[PDB]
Novice: 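Handing you a structure now.
Alphabetical chain letters, starting from A, follow the order of the sequence lines given. To match the PDB entry, the residue numbers of chain A are left as they are there, and the shown ones run 286-926, 1018-1208. All chain B residue numbers match the PDB entry; in order, they span 287-926, 1020-1210. Note that these values count all heavy atoms, side chains included, but never hydrogens, waters or copies made by symmetry. In listed order, ligands and their atoms are each counted from 1.
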Amino acid sequence: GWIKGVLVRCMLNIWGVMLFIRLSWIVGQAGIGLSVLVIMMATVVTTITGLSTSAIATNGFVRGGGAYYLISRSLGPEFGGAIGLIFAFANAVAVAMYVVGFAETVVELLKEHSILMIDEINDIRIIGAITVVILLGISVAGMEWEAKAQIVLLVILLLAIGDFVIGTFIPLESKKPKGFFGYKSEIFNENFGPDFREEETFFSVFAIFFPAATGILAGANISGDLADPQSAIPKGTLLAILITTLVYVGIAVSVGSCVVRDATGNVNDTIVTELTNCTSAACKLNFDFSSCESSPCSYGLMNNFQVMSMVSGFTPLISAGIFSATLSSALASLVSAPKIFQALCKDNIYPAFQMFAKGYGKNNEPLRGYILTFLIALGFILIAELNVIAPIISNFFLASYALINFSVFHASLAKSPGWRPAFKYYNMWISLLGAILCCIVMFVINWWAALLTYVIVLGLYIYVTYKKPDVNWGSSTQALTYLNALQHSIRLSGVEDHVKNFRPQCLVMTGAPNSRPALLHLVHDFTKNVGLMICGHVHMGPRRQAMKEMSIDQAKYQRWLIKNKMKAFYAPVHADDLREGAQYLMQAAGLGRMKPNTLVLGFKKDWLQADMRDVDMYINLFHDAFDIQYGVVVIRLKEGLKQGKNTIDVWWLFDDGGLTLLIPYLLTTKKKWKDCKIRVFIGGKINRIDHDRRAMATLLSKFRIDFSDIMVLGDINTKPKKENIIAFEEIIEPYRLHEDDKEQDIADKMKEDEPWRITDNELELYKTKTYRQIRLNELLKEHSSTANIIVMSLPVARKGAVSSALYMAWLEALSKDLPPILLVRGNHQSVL
Amino acid sequence: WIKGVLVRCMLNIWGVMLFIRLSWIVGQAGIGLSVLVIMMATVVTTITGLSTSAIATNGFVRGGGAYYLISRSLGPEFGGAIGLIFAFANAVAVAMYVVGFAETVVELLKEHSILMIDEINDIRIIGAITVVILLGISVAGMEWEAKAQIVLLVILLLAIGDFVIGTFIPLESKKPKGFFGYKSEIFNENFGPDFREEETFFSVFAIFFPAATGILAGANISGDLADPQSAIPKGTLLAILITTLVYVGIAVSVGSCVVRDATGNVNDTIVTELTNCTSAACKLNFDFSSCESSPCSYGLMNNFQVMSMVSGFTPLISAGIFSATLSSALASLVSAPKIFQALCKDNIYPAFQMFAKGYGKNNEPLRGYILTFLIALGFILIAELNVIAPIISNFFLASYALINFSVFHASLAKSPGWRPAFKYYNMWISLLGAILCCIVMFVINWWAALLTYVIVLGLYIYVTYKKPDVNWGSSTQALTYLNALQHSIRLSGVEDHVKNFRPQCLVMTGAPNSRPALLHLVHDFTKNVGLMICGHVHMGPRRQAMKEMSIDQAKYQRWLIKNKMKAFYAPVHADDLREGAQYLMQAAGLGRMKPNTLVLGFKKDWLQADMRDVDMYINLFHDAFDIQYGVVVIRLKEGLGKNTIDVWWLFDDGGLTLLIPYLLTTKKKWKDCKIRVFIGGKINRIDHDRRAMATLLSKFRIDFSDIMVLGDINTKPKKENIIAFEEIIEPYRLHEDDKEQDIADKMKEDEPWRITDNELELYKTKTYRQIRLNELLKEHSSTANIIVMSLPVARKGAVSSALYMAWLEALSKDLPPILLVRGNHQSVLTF
Ligand SMILES: NS(=O)(=O)c1cc(C(=O)O)c(NCc2ccco2)cc1Cl
Ligand SMILES: NS(=O)(=O)c1cc(C(=O)O)c(NCc2ccco2)cc1Cl
């Protein structure tokens, strides 16, 4: 593997302009020990983030290529996106940092040669604009060029830092005008001072140093391909942070022991005999610093930001090295950030940003993404001063690192993916501690900008929480949502008591979900968010071709159920007939306590023109649903289409456990039937109108129906009319067995060859039930004609007590021409 | 309803800070700043009131505990978080009110002549004694809790009436101090902001926020209302409206009545003299000099009896302070232990369970009492007032911020039980309120805010998965049930194609109490990578089936959740085992969580059992294969080199034979694996087949120890094993050649399962292969933790069930735990 390549790229990202152009003021403002402290703290947080991103790279997404899929699925759909935004924005503003550094170095280069000084902020702005022009011109195309240029340039950078540690080794009297002393002992003692002359504090110089150590995420996940991408990249990058920390400590100590804080650029201010009062760094010598305690100093350590780069020997090589380092870091940042934006746009967790992904050229680079990154980077370039801008970039890098640490901690704690340890010091608690320390430290720097950072993080969490995108868990890593669903189902199965909640769970026995859409919508009304709907389908046919047909039907009808705004589980079964497959579904479907407890059938509207064997299976389906204590709900809709305008009439005619009252109430809460007034109809005696009405009203207050009105009807149990019974017997006539007219042997033959014939004996035996059904239909047409939905208790009979033709004729006569009617019968156990 | 809970809420909110500190606050801060402080505290309290109003209007009829309301509406995690924070806030607020009462008592002693010691220590001793007497009243005060509160409210309104009457009554003795009734001349000097001795705008707000607290404690905590859905919103919100405006009124009247600098001395009664005095002190003649140059002792700044100086009949006003403070303390000491015991009974904190127990007429926690009134005395030791007040303010702000953020989070993420339907509620209002609470939480104190942030974050981390690991703790099914709904829908909506294959097992063992080791072995390779459904076919009468199935389901699910098994007990009712297994294979599971493999224990004692049962058990194999399922036949011994998991790969069945050992290895008990993969290949360059199988293994991430290629299969075994097999199958063998044709025909049609001599002659090579494989397993794999071999398979009706089970018994005769695995041709590197 190219541990060499990863090392050189991570180094070149760290070894930028903040590496060696500001450390002079870092040690001049603070001292030796305090600079060592800030370097060590930046090292601690950087190595915690390095261990975190090492845990990202080596395991959990070892096979997975690319940064963003790994950071998303190996962590969580929520956690990856925020990291992407903040770290991309941090790179975008780092571009501004490094071009400002190049610009101020160019200003210093021009100042000595130029006879006059143009506006300094304007000079920095125009030079930075030109540098970003070169940056984009390089970043249009080419990656092997940077892959070689990094190895080309790291040697020159090491030569530059060697020139720093060697320029003091050669002293010179011409170097004495500037306050230069060669590795003297007094300088280190002078510079080991904990609080110093500049008003800025410790956390200020912490911000001034911190972005230099940032950028380690580039080689771990942002880096892609480059031969071996795993199992040795973490060790190489960790070694990179370690060696950068060692060289930072070395150069800080060397510069602190090198040069005194304030200096006078003159041959004067040298005292022949003054051993007392220690005016300069060299107390007995006092070569340079005198009379500049209150006067501004031209070439001071803290007063001049770049004195170490000017007083180092062979300084043109230093000047070239500054350009090389800052341009290399700028190229790295500006090839990173736009592709980060484009990657998050392509994954489209946030469709509001999705159009930024362009892929204009042969490479997938975003042209409009390049323009947007150019604009925002130049916007931060508009601030031509580096001292206050550097904390801003520090804030977003350190915040992104804190989010990475907390994401790694949450991934280790939850371990929804594989997420092996596969690392030394893989501990999640140390990552949590690093994240907390990062949060506090980010706060201490620029409390207002920090508060805006928490605001942005909370807003990102707010957006990603309510909106669940089928991006990474949805594509190629469905194991995450599978395990979440499995864990939630196991948790649900752990509840001890089920008697508290009836929880209406429906098994809709409609074969084709695309067919009968209004009935599926009506079922979805009462089970949308209160219960489980399972749209069963019994596929009969050859068993050899059964499995492929069932699979393709599952795919197609599940796509249909998801496309329409429904929450249904398509469950297909293979059986010889309807009854066997329905038995399969009713006794076996569901997981744990997500098992259907009501059976929902559509009214068989073609029972007149269908074979009576199918009607027998329909009625026996009613009966063996009642055997398993299911609740039968029969829906008869005009399929040529529901609108809620006035009322939803409920006809409480039987105590079925309260299902026929529970379903209408669940209809009201869906905001489609919000403007619908429940008007319960009950059957009581004329003398008992007040008692029944009052008790029923209290019973609804127990169901919390909040009835509009309750009307008691004495019209039931009367002879319906001459016409309606005529129509009923005309409906019966094709299936009626006229045993009176036929001979007894002929009647027995016609009964045995077709046992579904309705006879004259049980027609007169069940006369009162038939008259009750017809009378109820008359009352429905009179009182419930203007109603959105009608709910009544469906009639039942003992198994074999009635012919199937008679039972379906009762169901047809009861619901003849009404609006959508919902005949409900429930198991006798209470639903409260 | 209104007056039942308004009295309690007004007693709670009108506390110690109404009387002694309001004058001081409107002295340090101007009247404009006092109005700003009271108004913005009112904004915070009203936002919390709308949040808790939505919480109460969430659709459950009556919840006893307000914490339990938070729990059933938002969830166990947030419910526990607000419960703990609010309980601690009430516990420390009890100490605050005790310190306030002790302050009034000690400064009344200073009003009198008797003073035992320095007033600072007198605060400590009086606070301790008052904690003792409040314990004496606290244990059982049912008549004091209900009957005395209306009297206390009457006394409090009486006291505020005397305050107004005192504002409207000038007197000569009030003239040396600051007292000028409702005049602009001192309103001019008093309007200005005059902060003194390190005081800031947020510090006076930090001590003022204790006054506007406990809006939940007054009415919502008790949970005894005629209309809990509707009276709770009107009980609190209107109370705030009848509270804070009264506050504002005082903030005006004091600012209009008493001067910012008042000399207690009677010496500086200036004669009517022509002196300018641009300061408002001499606008009316009395100078109030030398109290601003030197330390002062009166005038909204250096005294707190200035409000008592305003009001006549000062015993009545002092009784007003006493009644208000003790009523607030009594409300807090009732609120906190009840919520704390509800936390323990909800089992969110297992270590806290010892606090739950209590005895009495109504069960109350004595452990909670002793801990709260111990930490109260711990805060009594800090006698300094404006240091106690900020930490109670911070903790109440923590409770309110957590409430608002949790309500907003439940509204945002579309939580399952979220239909509040409150008259005027907005989720954005709650979010803004939580943000404002966090900001003003920080600004008043940084270390306290940091400690609160770190403790609530640690609590959130603890309740993430450590508590939902086994027992999440919610006794309400809904927050679980509907939740799984979306997740199963979250599983159903994804287009998995055939890319995602997971081991989804349908174990067929009727009694999970029997064969626990087999269930553990199945759980080993399906713990976190698939679905495991233990299925039971209940045989018996149909009439008593449902109750028997319900009892068995409850018992076996409790057993499966007690032992660390993640399984679903799925019972089906059928006449025979084959029909129930067909039910479970066809229909069990929902969405993408449907069984993919069939797990069958090896039918030991099949020699003793009737051959019809063996025939049905064998027909289970052929039914599973038809529905395209995978069959594993574990012959784990039920009595319970080095550690090794041997894999004999003799057939290409979709890689399940290799997938099962890999899933075994990624477990704690099988961490040491040393997988040895044996394969049968014809005699050739062995290394070719070895490296091809090695590449196929490296696809599976198996980390093999060695692939051994053995060609000793397909040879005649030893004669001992063959005759042993012959004696095994002898009782079930129809010797058609030995006997006559018609006896054989009678025995065949009577017993179709009899194995003929023709089946033995046809399948001689297969039988020899099975018994030779058994010899090879004994020779090569005698010492191993697990053996996994491809399952023998025959076409339907080709072999008798006796011969088939004799093959399965001969193959696995005296071996370690052996799994005979056959899979559908699906899992070709798809996992
Ligand atoms: N309401 S119905 O009688 O016309 C009806 C109709 C159907 C239906 O076929 O849609 C159905 N599904 C079972 C099935 C058979 C073939 C495919 O699915 C069930 C019923 Cl009850
Ligand atoms: N693996 S087995 O053949 O010995 C077996 C064994 C059992 C078993 O009895 O545990 C079982 N349960 C079904 C049942 C019927 C009546 C009671 O349970 C099913 C099977 Cl396949």
Novice: Quick check: what drug is at ligand 1?
Specialist: furosemide
Novice: Main binding partner of furosemide (ligand 1) in this structure, as named by the PDB entry?
Specialist: Solute carrier family 12 member 2
Novice: Using a heavy-atom cut-off of 4.0 Å, list the other chains contacting furosemide (ligand 1).
Specialist: A
Novice: Which UniProt transmembrane segment numbers of chain A (from the N terminus) have a non-hydrogen atom closer than 4.0 Å to furosemide (ligand 1)?
Specialist: none
